[PDB]
Asker: 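Can you keep this structure in mind? I'll have questions shortly.
To find a chain's letter, count down the sequence lines: the first is A, the second B. Since chain A takes its numbers from the PDB entry, the residues it shows come out as 1933-1954, 1957-1968, 1971-2103, 2122-2229. Since chain B takes its numbers from the PDB entry, the residues it shows come out as 1933-1954, 1957-1968, 1971-2103, 2122-2229. First listed ligand is number 1; within each ligand, the first listed atom is number 1. Going by what the header records, the deposited coordinates were determined by X-ray crystallography, 2.2 Å.
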There are 2 protein chains.
Amino acid sequence: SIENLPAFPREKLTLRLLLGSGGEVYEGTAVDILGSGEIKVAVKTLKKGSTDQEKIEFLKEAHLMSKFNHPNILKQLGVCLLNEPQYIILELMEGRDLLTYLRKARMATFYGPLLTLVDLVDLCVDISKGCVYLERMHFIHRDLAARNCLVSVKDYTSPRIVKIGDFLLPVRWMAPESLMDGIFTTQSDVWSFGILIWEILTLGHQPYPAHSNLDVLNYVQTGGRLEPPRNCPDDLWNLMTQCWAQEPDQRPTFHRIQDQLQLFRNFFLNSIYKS
Amino acid sequence: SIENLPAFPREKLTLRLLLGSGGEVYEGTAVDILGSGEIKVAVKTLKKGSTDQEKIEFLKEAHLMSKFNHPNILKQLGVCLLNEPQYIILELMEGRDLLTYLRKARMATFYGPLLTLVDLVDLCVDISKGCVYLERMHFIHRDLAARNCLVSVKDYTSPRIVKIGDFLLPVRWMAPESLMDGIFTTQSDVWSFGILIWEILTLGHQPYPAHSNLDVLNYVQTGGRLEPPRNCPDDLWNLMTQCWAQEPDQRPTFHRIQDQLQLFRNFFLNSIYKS
Ligand SMILES: CCn1ncc2c1-c1cnc(N)c(c1)O[C@H](C)c1cc(F)ccc1-c1nn(C)nc1C2
Ligand SMILES: CCn1ncc2c1-c1cnc(N)c(c1)O[C@H](C)c1cc(F)ccc1-c1nn(C)nc1C2
């Protein structure tokens, strides 16, 4: 099994909008990636004259995304690796990163958020499925957070899907074992997924708002956890709580996480119609 | 121009669920109404041995709905008029009446409503279009209220459309001219449409909650109007306010009502993305 990245003619690609740094990241268009015609894409670059190691890391990303193939995992459409800068062509997620999407939903009107409980639960289900896939592909993400997911649509009415991307100490997302001992397992991923669904349920609040970065470890290692989101469904709080069991093997599996979420959703939908 | 109602073989129709009285109203299935196969329908009946006049009114309804043809006006799929009871076959609106749909959205979770401002504005746009059509067809509805509209879907995530149906003193929906003088114009319809969009924006609250039916006329004729909904967008309050101008010709047209609504929506959507 010799791996092969999907090559795409550079001539057909046109950069249009700079998004930021991460090389840099651009929005652009690309011809017949998928008859297809002119379709919009995100382009991750590799800065000219970067370290020899930096070029290897960039190619590691590319390989990972070639292997992955799942609705809730970001698709890599092509690569342009013959010239500098190197291009990784990603499907454009018009909703931007999940953290932004959540915040724009909250701070759009005081009349109320543009995302509802059902919308939010569907976001959690999407990621959980993604996490289940990655687990089955023996992959530990080691940076599960809203900032590292993307949303398909800019608006808040159209059907949407979330996908995991991104293949600094994020102390607020890190399991106690990770901080103290540098341990990173699927179970420590479950800790982070816990924090993520808290992010979703609070529409993109900062975890541990009352604590500096230096105070987070202190607070956690005395059994201090996040405060429940406003009106957070009990069933979802019990899931989050168990994601942050101090003992790693006391945390649920991603299969079970997806079970809980779908079951909760089923229950909630039924309660609507029965009223 | 001789009118013709759409006849549908009675044998193919099967009643399944009673919905209530209004004859009575049923949910059921009907074969090849639209290859189509077995599709679900609502059935309005005419009670056996009812007044000769009652049978004429029933047929008046049928004729009206045959003429009307618009996305935001309820479709009549067929009639079974050869036997008793008489059947008017309506397209099934799984969301039920708008008033119910609104209430189930509010009282589903204290976490927050399952309908957002954008969802609600789209409901107003739908009706306004319907009202514009009926006006162009020289029709005065004379009972515009949430109870008389229907929603396409039961859930609160799937794309939805509202439609006008229903072709007792509803004092809370009635213009001052109507109550005092028995006047009913398109402009008095605009009054009611005002009250309707208040119903939508309050998720199905009762107008004038502090007033008995006997007190409503009193309160209105001294210039007393509804209190603004919580956090109601200013632009929408100004529209509602003008719908309830004491002088009938000081009220806006349905064309203008649709203008305001779409413009407001455009503005609001832009403000989202620009943030
Ligand atoms: C609508 C355009 N857009 N606008 C903002 C962003 C994207 C955006 C949309 N589709 C992508 N495939 C995309 C970004 O890819 C990058 C590499 C990305 C991935 C990720 F998981 C998390 C954040 C980013 C990111 N990096 N910057 C600098 N910005 C963004 C979000
Ligand atoms: C999901 C089933 N369903 N459940 C409730 C209702 C409908 C329903 C759905 N689709 C229809 N075409 C339908 C009712 O027609 C009737 C005549 C109707 C029209 C209307 F404008 C306002 C209320 C009603 C009504 N009359 N009852 C007694 N109930 C309802 C609402």
Asker: Look at ligand 2 and say which of zopolrestat, narazaciclib, clobetasol propionate, zidesamtinib, calcipotriol is there.
Answerer: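 Of those, zidesamtinib.
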Asker: I'm curious which chain is the main partner for zidesamtinib (ligand 2) in this model - what does UniProt call it?
Answerer: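 Most contacts: Proto-oncogene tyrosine-protein kinase ROS.
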Asker: I'm mapping contacts for zidesamtinib (ligand 2). Which other chains have a heavy atom under 4.0 Å?
Answerer: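 Counting heavy atoms only, the answer is B.
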Asker: Go through zidesamtinib (ligand 2) atom by atom and flag the ones less than 4.0 Å from a non-hydrogen atom of B/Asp2102.
Answerer: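 Selected atoms, number and element: 21 (F).
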Asker: What is the nearest residue to zidesamtinib (ligand 2) among those UniProt marks as active site in chain B, and what is the least heavy-atom distance to 1 Å?
Answerer: B/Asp2079, 9 Å
Asker: Does zidesamtinib (ligand 2) have any atom that is closer than 4.0 Å to a heavy atom of B/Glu2027?
Answerer: yes
Asker: Please report which non-hydrogen protein atom sits nearest to atom 22 (C) of zidesamtinib (ligand 2), along with the residue it belongs to and the distance in Å to one decimal place.
Answerer: B/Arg2083 O, 3.4 Å
Asker: If hydrogens are left out, which of B/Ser2088, B/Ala1978, B/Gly1957, B/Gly2031 has an atom nearest to atom 11 (C) of zidesamtinib (ligand 2), that is, the closest non-hydrogen atom?
Answerer: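 Closest candidate by heavy-atom distance is B/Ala1978.
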Asker: If you measure from each non-hydrogen atom of B/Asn2084 to zidesamtinib (ligand 2), which part falls under 4.0 Å: side chain, backbone, both or neither?
Answerer: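 Contact part for B/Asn2084 vs zidesamtinib (ligand 2): backbone (N, CA, C, O).
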Asker: Could you find the nearest protein heavy atom to atom 24 (C) of zidesamtinib (ligand 2) and give me its residue, atom name and distance?
Answerer: B/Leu2086 CD2, 4.2 Å
Asker: Going by the order shown, which atoms of zidesamtinib (ligand 2) are within less than 4.0 Å of some heavy atom of B/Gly2101?
Answerer: 21 (F)
Asker: Could you name the option among B/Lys1976, B/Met2029, B/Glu1958 that has the heavy atom nearest to atom 1 (C) of zidesamtinib (ligand 2)?
Answerer: B/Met2029
Asker: Need the zidesamtinib (ligand 2) atom indices (1-based, order shown) with element for anything under 4.0 Å from a heavy-atom of B/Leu2026.
Answerer: 12 (N), 15 (O), 17 (C)
Asker: Write out the residue and atom name of the closest protein heavy atom to atom 26 (N) of zidesamtinib (ligand 2), then the distance separating them to 0.1 Å.
Answerer: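 Of every protein heavy atom, B/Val1959 CG2, 4.3 Å lies nearest to atom 26 (N) of zidesamtinib (ligand 2).
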Asker: Between B/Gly1954, B/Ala2082, B/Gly1952, B/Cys2085, flag the one that comes closest to atom 28 (C) of zidesamtinib (ligand 2) by a heavy atom.
Answerer: B/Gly1952
Asker: Please list the nearest protein heavy atom to atom 7 (C) of zidesamtinib (ligand 2) with its residue and the distance rounded to 0.1 Å.
Answerer: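 The answer is B/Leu1951 CD1, 3.7 Å.
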Asker: By UniProt annotation, which domain of chain B makes up most of the contact surface with zidesamtinib (ligand 2)?
Answerer: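 According to UniProt, it is Protein kinase.
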Asker: Among all the protein's heavy atoms, is there at least one whose distance to atom 13 (C) of zidesamtinib (ligand 2) comes out below 4.0 Å?
Answerer: yes
Asker: Quick one: does zidesamtinib (ligand 2) sit under 4.0 Å from the side chain of B/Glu1961, the backbone, both or neither, non-hydrogen atoms only?
Answerer: side chain
Asker: Any idea which protein heavy atom is nearest atom 4 (N) of zidesamtinib (ligand 2), and the distance to it?
Answerer: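 Minimum-distance protein heavy atom for atom 4 (N) of zidesamtinib (ligand 2) reads B/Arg2032 CG, 3.3 Å.
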Asker: Extract the binding site of zidesamtinib (ligand 2): heavy atoms, cut-off 4.0 Å.
Answerer: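 Sure - by heavy atoms, that gives B/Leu1951, B/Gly1952, B/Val1959, B/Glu1961, B/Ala1978, B/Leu2026, B/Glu2027, B/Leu2028, B/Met2029, B/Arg2032, B/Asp2033, B/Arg2083, B/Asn2084, B/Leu2086, B/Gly2101, B/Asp2102.
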Asker: One pair per line, please: each N/O atom of zidesamtinib (ligand 2) matched with every protein N/O atom under 3.5 Å away, atom names first, then the distance to 0.1 Å.
Answerer:
from	atom 1	to	atom 2	distance (Å)
zidesamtinib (ligand 2)	10 (N)	B/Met2029	N	3.1
zidesamtinib (ligand 2)	12 (N)	B/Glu2027	O	3.1

